[PDB]
Asker: 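Hi! I'm looking at a structure that contains dasatinib and have some questions.
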Amino acid sequence: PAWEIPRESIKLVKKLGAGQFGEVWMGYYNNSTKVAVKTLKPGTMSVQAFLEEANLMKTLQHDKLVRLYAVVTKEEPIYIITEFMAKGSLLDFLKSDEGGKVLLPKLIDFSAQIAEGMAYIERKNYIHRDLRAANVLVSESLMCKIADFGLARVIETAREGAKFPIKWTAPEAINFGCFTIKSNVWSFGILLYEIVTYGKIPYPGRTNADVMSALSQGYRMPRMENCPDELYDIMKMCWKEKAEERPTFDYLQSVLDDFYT
Ligand SMILES: Cc1nc(Nc2ncc(C(=O)Nc3c(C)cccc3Cl)s2)cc(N2CCN(CCO)CC2)n1
């Protein structure tokens, strides 16, 4: 479309990450605008499936979601160009010495910002399916934005090399293949655990299979050290066995915007 831009109007400067399917760079569109560039490593992924993410981002545009700016899809090395988030992923940020100094009022603010982005996705009739701290990005001004739309779908299917985050996925989605906005709410509850514990892995020392088995037996993570009851009740609401009895993202954004600290 008019999402295509000439290659020359993009200068790649600093390599930020390397995956099996390519690379992530910080760069510049036309000298002016600071951007992030995702590079497709040829042949590993299809070019079709690599761009599936961008095509979805074309239609998914909100303040609390990382914005697409453009693509380069005319010759071999395929680029996806987006809004740049200075602080990197929320997970990595929480584990850093800086994030480890970020107190509970601001942590609850983080989660509310994410609940807002998810309220949009809900309202837009989409699902994310890959909602975790690793897939949220932090700006200089400490704004949290939902990233990584590889597994995202419109309601009523998986991209190449995909892989669901077992420990973040609702049991009904694992066992019955039932991905809905309500399975994202489960994920959000796990994301809340990640925020309050400063980027700790879900179910410490437990294997994915132990997790799957334990959940079918009615296990939920016990209240975490230094996490107020009111916050744990919100997590608990997200992990309700019966999907239909889990809250809306509109409710979560409201209640978290409403928790004073
Ligand atoms: C992995 C990473 N990304 C950063 N910024 C990004 N902004 C937006 C990103 C993104 O991927 N967008 C995107 C694209 C491009 C395509 C499809 C979909 C999407 Cl959502 S990646 C910063 C960062 N840093 C390294 C560690 N730091 C501490 C030590 O200095 C700070 C900075 N590392």
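Residues displayed in chain A correspond, in order, to the PDB entry positions 238-393, 398-502. Atoms within each ligand, like the ligands themselves, are counted from 1 in listed order.
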Asker: What is the name in the PDB entry of the chain with the largest share of contacts to dasatinib?
Answerer: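 Greatest contact count: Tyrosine-protein kinase Lyn.
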Asker: Under 4.0 Å from a heavy atom of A273: give me the atoms of dasatinib that qualify, with their elements.
Answerer: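 So the answer, numbered in order with elements, is 7 (N), 8 (C), 9 (C), 15 (C).
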Asker: Can you tell me which portion of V303 lies within the under-4.0 Å heavy-atom range of dasatinib? Options are side chain, backbone, both, or neither.
Answerer: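 Side chain only; the backbone of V303 stays clear of dasatinib.
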Asker: Could you identify the single nearest non-hydrogen protein atom to atom 9 (C) of dasatinib and state the distance to 0.1 Å?
Answerer: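 Atom 9 (C) of dasatinib sits closest to the protein heavy atom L374 CD1, 3.5 Å.
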Asker: Starting from atom 33 (N) of dasatinib, which protein heavy atom do you reach first, and at what distance in Å?
Answerer: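 The protein heavy atom lying closest is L253 CB, 3.9 Å.
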Asker: Can you tell me which residues in chain A that UniProt annotates as binding ATP end up with a heavy atom closer than 4.0 Å to dasatinib?
Answerer: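 Heavy atoms under 4.0 Å from dasatinib, UniProt residues: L253, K275.
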Asker: Give the UniProt domain of chain A with the most residues touching dasatinib.
Answerer: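 Most sit in the UniProt domain Protein kinase.
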Asker: Before signing off on this row, confirm whether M294 and dasatinib have an N or O atom pair separated by under 3.5 Å.
Answerer: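 No - when backbone and side-chain N and O of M294 are compared with those of dasatinib, no distance drops under 3.5 Å.
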Asker: With heavy-atom distances below 4.0 Å as the criterion, list the atoms of dasatinib near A323.
Answerer: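 Answer for dasatinib: 31 (C), 32 (C).
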Asker: So, is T319 polar-close to dasatinib, with some N/O to N/O distance under 3.5 Å?
Answerer: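 Yes, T319 has an N/O under 3.5 Å of an N/O on dasatinib.
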Asker: Check each heavy atom of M263 against dasatinib and say whether those closer than 4.0 Å belong to the side chain, the backbone, both or neither.
Answerer: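 None of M263 does.
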Asker: What would you say the binding site of dasatinib is, if we count heavy atoms under 4.0 Å?
Answerer: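 The heavy-atom binding site is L253, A273, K275, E290, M294, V303, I317, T319, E320, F321, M322, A323, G325, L374, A384, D385.
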Asker: Could you go through dasatinib and note, for every N or O atom, any protein N or O atom closer than 3.5 angstrom, writing the atom names and distance to 0.1 Å, or 'none'?
Answerer:
unit_1, atom_1, unit_2, atom_2, d
dasatinib, 5 (N), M322, O, 2.9
dasatinib, 7 (N), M322, N, 3.0
dasatinib, 12 (N), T319, OG1, 2.9

